[PDB]
Amino acid sequence: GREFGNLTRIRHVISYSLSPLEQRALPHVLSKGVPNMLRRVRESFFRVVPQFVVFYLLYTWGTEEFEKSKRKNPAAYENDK
Amino acid sequence: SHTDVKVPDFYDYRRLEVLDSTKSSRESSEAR
Amino acid sequence: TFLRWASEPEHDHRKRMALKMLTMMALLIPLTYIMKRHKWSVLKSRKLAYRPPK
Amino acid sequence: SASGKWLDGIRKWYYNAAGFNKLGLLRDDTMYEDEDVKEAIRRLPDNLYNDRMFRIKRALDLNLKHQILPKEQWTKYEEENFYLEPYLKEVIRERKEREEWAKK
Amino acid sequence: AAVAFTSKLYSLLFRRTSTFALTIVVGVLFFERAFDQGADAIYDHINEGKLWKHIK
Amino acid sequence: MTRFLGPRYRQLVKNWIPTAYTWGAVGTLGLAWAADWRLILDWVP
Amino acid sequence: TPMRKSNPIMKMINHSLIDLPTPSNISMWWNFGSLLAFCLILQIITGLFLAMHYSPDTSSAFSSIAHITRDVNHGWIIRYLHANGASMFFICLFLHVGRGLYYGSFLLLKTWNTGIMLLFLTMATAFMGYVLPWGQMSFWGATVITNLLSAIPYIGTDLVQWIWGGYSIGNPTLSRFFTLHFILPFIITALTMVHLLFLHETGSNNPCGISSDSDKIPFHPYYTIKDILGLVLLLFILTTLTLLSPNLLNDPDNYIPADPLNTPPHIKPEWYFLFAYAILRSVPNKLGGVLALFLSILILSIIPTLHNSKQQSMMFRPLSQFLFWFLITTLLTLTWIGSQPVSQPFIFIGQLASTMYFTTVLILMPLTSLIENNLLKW
Amino acid sequence: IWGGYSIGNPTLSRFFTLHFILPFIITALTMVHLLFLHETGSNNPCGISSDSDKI
Ligand SMILES: CCCCCCCCCCCCCCCCCC(=O)OC[C@H](COP(=O)([O-])OCC(O)COP(=O)([O-])OC[C@@H](COC(=O)CCCCCCCCCCCCCCCCC)OC(=O)CCCCCCCCCCCCCCCCC)OC(=O)CCCCCCCCCCCCCCCCC
Ligand SMILES: CCCCCCCCCCCCCCCCCC(=O)OC[C@H](COP(=O)([O-])OCC[N+](C)(C)C)OC(=O)CCCCCCCCCCCCCCCCC
Ligand SMILES: CCCCCCCC/C=C/CCCCCCCC(=O)OC[C@H](COP(=O)(O)OCCN)OC(=O)CCCCCCC/C=C/CCCCCCCC
Ligand SMILES: CCCCCCCC/C=C/CCCCCCCC(=O)OC[C@H](COP(=O)(O)OCCN)OC(=O)CCCCCCC/C=C/CCCCCCCC
Ligand code: HEM
Ligand code: HEM
Ligand SMILES: O=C1C(=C2CCC(c3ccc(Cl)cc3)CC2)C(O)=C(O)c2ccccc21
Ligand SMILES: O=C1C(O)=C([C@H]2CC[C@H](c3ccc(Cl)cc3)CC2)C(=O)c2ccccc21
Ligand SMILES: [Zn+2]
């Protein structure tokens, strides 16, 4: 079936490659890779983060409320006698 | 036709172990 | 302290053994990463061109 | 009326947010190849077919290299070409006609 | 020209697959012992006074 | 779908109704016979 | 020809993982299937060993595990490995599902359906292993899960009593749990092979959602070394969890043996289940609760049917992405609610989270897809 | 293999685990067996080629 002899039909594309032993494995990290990671974080920040911030607010609120609910109310004894 | 062919330059990627050229080719190969 | 020991005798030997095999598994990460980078450099530096007769 | 300029404004915003232009790609490049789309691609003339194939390979190479084109080379919203739409409309008409025959 | 270390290493040991394999078994024999001894030393040293080997 | 609304499909369904309720009878009686379902089998003489 | 292609067994291996054409551009999210397989293998091995020391009897189960962890040489670490491997297994499983939801790989229908089957099987297996120690939590977990079939209106109670083998949970039920827990993993293995058979007829989808037949590379050497790297990382994490912090996920209430007369005041299942538990807790009706419990997972089967977009992947679809991450946070919320007592704030929050989960899958995503289509002018 | 100085309780559980697992290995190998068979087809009583009279 699917085999490297007849996958698709292409015309007029040229490629060039070096061998691994001719070139470096980690050529430019701090001059190219770091800024690229930075933009890659920039492009997705506001699509992911705010939902989790909202989750954090909800969690803390619900915890606080549950913990208030367990403390004794002075009006339950002071009001009528 | 083809005769206009030329591989683009790869200078950024190549190892310094061949750029510091004071050693025969095949001995370099061996070191790498 | 005695109840701690009664609940978990493997304590000391466990920590002893952690030092070793964690050192090893930590060492193996960068080595295999280097091997990966070596095999993938062929594609990472590849250059294309389009030359139709036009 | 103004409503046209307003709708076109939001449409341009959505287009820049999508970001396939950063890879050098046209909108019609990004369709999923269902049955009708494959038949429309079969009908293209050679020049359009070859241009499409190279554009797509180039985007794939960039994605491999976690990179994008220079800003100067991004596809602009005001000068794009919907080269595949016409053929697709014809394919869909033909299928609709056959369906409608099949219920009589 | 320049008899360099990694080139000697390639030509003597790594060029032939059998000898590469032999090199590997020989290296592991000695690595194992050195590595064990170092680790045990460190461990013993972190908690002197608390192990029954010495309290004995 | 919206495709299968039309005359041919109505005719085609009518063609297969009887076979459908016959297979229904087969399945129902078989289930009952297999699980000794008294709710149905107590009415069999 | 090379021997690589001389013979059916060898040629199937070759078409599977030597000369298979893979996309050049797939990312780390595609490593988690191989890690799943690794985890299955680890579980089977460590289980076959444990099996030879465990006792499927209610008067010695607990003490057999004590024996394993105290007297068997390095038995404690084998126990630790089994228990932590299950956790890793589910981590990988969840991430594996999520990928496919994001990148539109559910359009491979056969692979997707066999995946749903596998999810169900793995969950059954994990639960039937969780009751074998016969601690205080194990017992009541068994009880609840086997009472679930009482909700079937006409035949339910009889089903419960036929699974118990008696008037109540007891010795005859534990051997059933153990036989089933023994046999299921191998059915999982076979179905995994079918799963991959189905996959290799089309090949892998990729992040861009467009056809990759112009840039296919062979599986070997590229993805071989890539997956080996992934495995090394998984082993580092697993070792640190096993040796440096073994009690991180552990539950004290399962170190008390079973007592049929007392349920403990605070009830909590294993973490990978909490969310279902929350869903089950949220409906004030028995039958409705169980129905929701099962629909929560069965709903994945109609995602392919509700797909309206012209594009396959969310990579180029921002509104879609926003909704995706909101859904993930709803699931986190259900997990958190599952940990808390059944008290009023958490009751109300859980009900909202459940309604929003189903709402989002069934309504909001389809409609955002239509809006998106209109914004691109098709 | 005994797990001790003699035949005893630790050996019986080993017998039982192995007896549980082997039949399924047998099943898988049976499938391989038939896979191998169907590449050639069945021999017959006469020992001569039957490709002129296959049903
Ligand atoms: C005592 C225990 C000790 C434990 C020690 C543990 C040590 C672990 C060491 C691990 C080392 C791993 C090395 C891997 C090398 C692999 C190389 C490779 O090829 O990688 C490719 C892979 C990416 O693959 P890809 O092909 O790009 O595809 C991915 C996407 O498709 C690409 O899509 P994209 O391009 O769109 O994405 C861009 C961007 C997307 O960005 C975003 O989405 C935005 C993010 C914004 C974040 C902002 C900050 C946070 C939020 C703040 C918001 C504001 C709050 C305001 C609040 C207000 C309140 C009022 O994403 C990134 O760039 C992500 C990069 C970082 C990845 C981090 C991975 C973490 C792993 C953690 C493991 C934990 C378990 C350890 C074991 C524990 C045992 C107990 O990863 C990388 O490229 C990064 C490699 C480096 C990772 C280093 C991770 C170190 C973690 C250390 C943890 C130590 C603490 C543990 C705590 C435990 C607690 C229990
Ligand atoms: C879930 C549990 C409960 C399930 C209960 C099942 C209920 C339904 C049972 C139906 C039984 C009869 C079906 C006959 C169908 C024949 C179709 C066919 O092709 O026939 C012609 C074929 C071929 O015949 P032929 O080729 O000579 O000619 C046929 C041509 N025509 C039709 C024109 C005449 O005959 C067969 O070879 C059919 C063999 C069928 C064997 C069935 C064995 C019984 C299995 C079910 C009973 C046991 C249930 C146990 C439950 C226990 C619960 C605790
Ligand atoms: C006594 C102590 C133990 C001693 C152990 C000694 C052995 C050590 C390990 C040796 C590993 C094997 C290395 C050599 C393998 C050679 C394989 C070979 O020649 O076959 C290659 C060739 C490749 O096929 P094509 O692609 O068609 O080739 C066409 C080329 N144009 O043939 C094949 O297909 C592969 C055949 C593999 C045969 C492997 C034989 C293995 C023998 C192992 C013996 C172990 C004995 C252990 C004894 C223990 C004590 C009782
Ligand atoms: C022991 C306790 C365990 C608790 C549970 C653990 C599992 C759940 C973990 C939840 C948090 C996961 C965070 C993962 C990192 C997210 C990084 C991120 O936002 O990056 C966005 C970045 C954007 O890239 P692109 O759109 O492709 O374009 C870039 C190329 N130009 O990457 C992505 O969006 C890829 C998203 C892939 C899917 C991720 C799925 C994560 C959650 C999955 C599990 C959730 C539960 C199960 C869900 C399904 C239930 C039916
Ligand atoms: C034991 C459980 C499972 C195992 C061992 C397993 C194994 C695998 C493997 C090895 C792959 C290869 C590609 C990859 O790693 O991404 C894969 C792909 C896939 N799996 Fe599974 N899987 C399991 C469960 C699931 C589940 C639960 C689902 C969905 C609900 C699923 C759906 C898919 C899909 C759709 C693909 C192909 C998607 C693509 O290539 O884009 N699988 N699986
Ligand atoms: C997908 C594969 C498997 C999963 C997810 C799984 C899961 C589990 C879990 C969660 C436990 C309880 C852990 C604990 O109590 O700390 C367990 C226990 C057990 N499992 Fe596995 N298991 C798998 C495969 C197997 C296999 C193939 C066997 C074969 C005999 C096996 C034998 C056992 C035994 C004997 C126990 C009880 C021992 C103990 O609790 O430590 N398991 N399993
Ligand atoms: O990891 C695989 C993979 C497979 C590799 C070999 C694995 C494996 C697991 C266990 C054993 Cl004993 C042997 C091989 C199973 C998964 C497979 O079939 C794919 O098609 C695929 C596609 C893209 C990315 C990764 C993969
Ligand atoms: O009350 C419960 C309870 O409700 C469950 C539940 C959790 C969800 C399970 C579940 C069933 C089916 C699926 Cl598809 C997923 C999870 C069933 C058991 C437990 O696991 C449990 C464990 C120990 C003590 C009490 C309990
Ligand atoms: Zn040890």
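Proteins get letters first, then strands, A, B, ... in listed order; numbering begins at 1 in each. The displayed model is a subset of the deposited entry, and contacts were enumerated within the subset. Hydrogens, waters and symmetry mates play no part in the numbers below; they use all other heavy atoms, side chains included. Method reported for this entry: electron microscopy, 2.7 Å. Counting starts at 1 for both ligands and their atoms, following the listed order.
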**OP:** Write down the drug at ligand 8.
**Re:** atovaquone
Subject >> Most-contacted chain near atovaquone (ligand 8) (per the PDB entry) >> reply: Cytochrome b
Original post:
By chain letter, what other chains have any heavy atom closer than 4.0 Å to atovaquone (ligand 8)?
Top reply: G
**OP:** For G/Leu280, take its heavy atoms, then give the atoms of atovaquone (ligand 8) lying under 4.0 Å from any of them.
**Re:** 4 (O)
Original post:
Atoms of atovaquone (ligand 8) less than 4.0 Å from G/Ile267 heavy atoms?
Top reply: 24 (C), 25 (C), 26 (C)
Original post:
G/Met137 heavy atoms, cut-off 4.0 Å: which atovaquone (ligand 8) atoms fall inside?
Top reply: 23 (C)
**OP:** Below 4.0 angstrom from a heavy atom of G/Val144, which atovaquone (ligand 8) atoms are there? Numbered from 1 as shown, please.
**Re:** 1 (O), 2 (C), 3 (C), 4 (O)
Original post:
With respect to atom 1 (O) of atovaquone (ligand 8), which of G/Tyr277, G/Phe273, G/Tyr130 exhibits the smallest heavy-atom separation?
Top reply: G/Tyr277
Original post:
Hey, looking at atom 15 (C) of atovaquone (ligand 8), which of G/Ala276, G/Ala126, G/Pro269 has the closest heavy atom?
Top reply: G/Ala276
Subject >> G/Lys268 contact mode with atovaquone (ligand 8) (heavy-atom cut-off under 4.0 Å) >> reply: neither
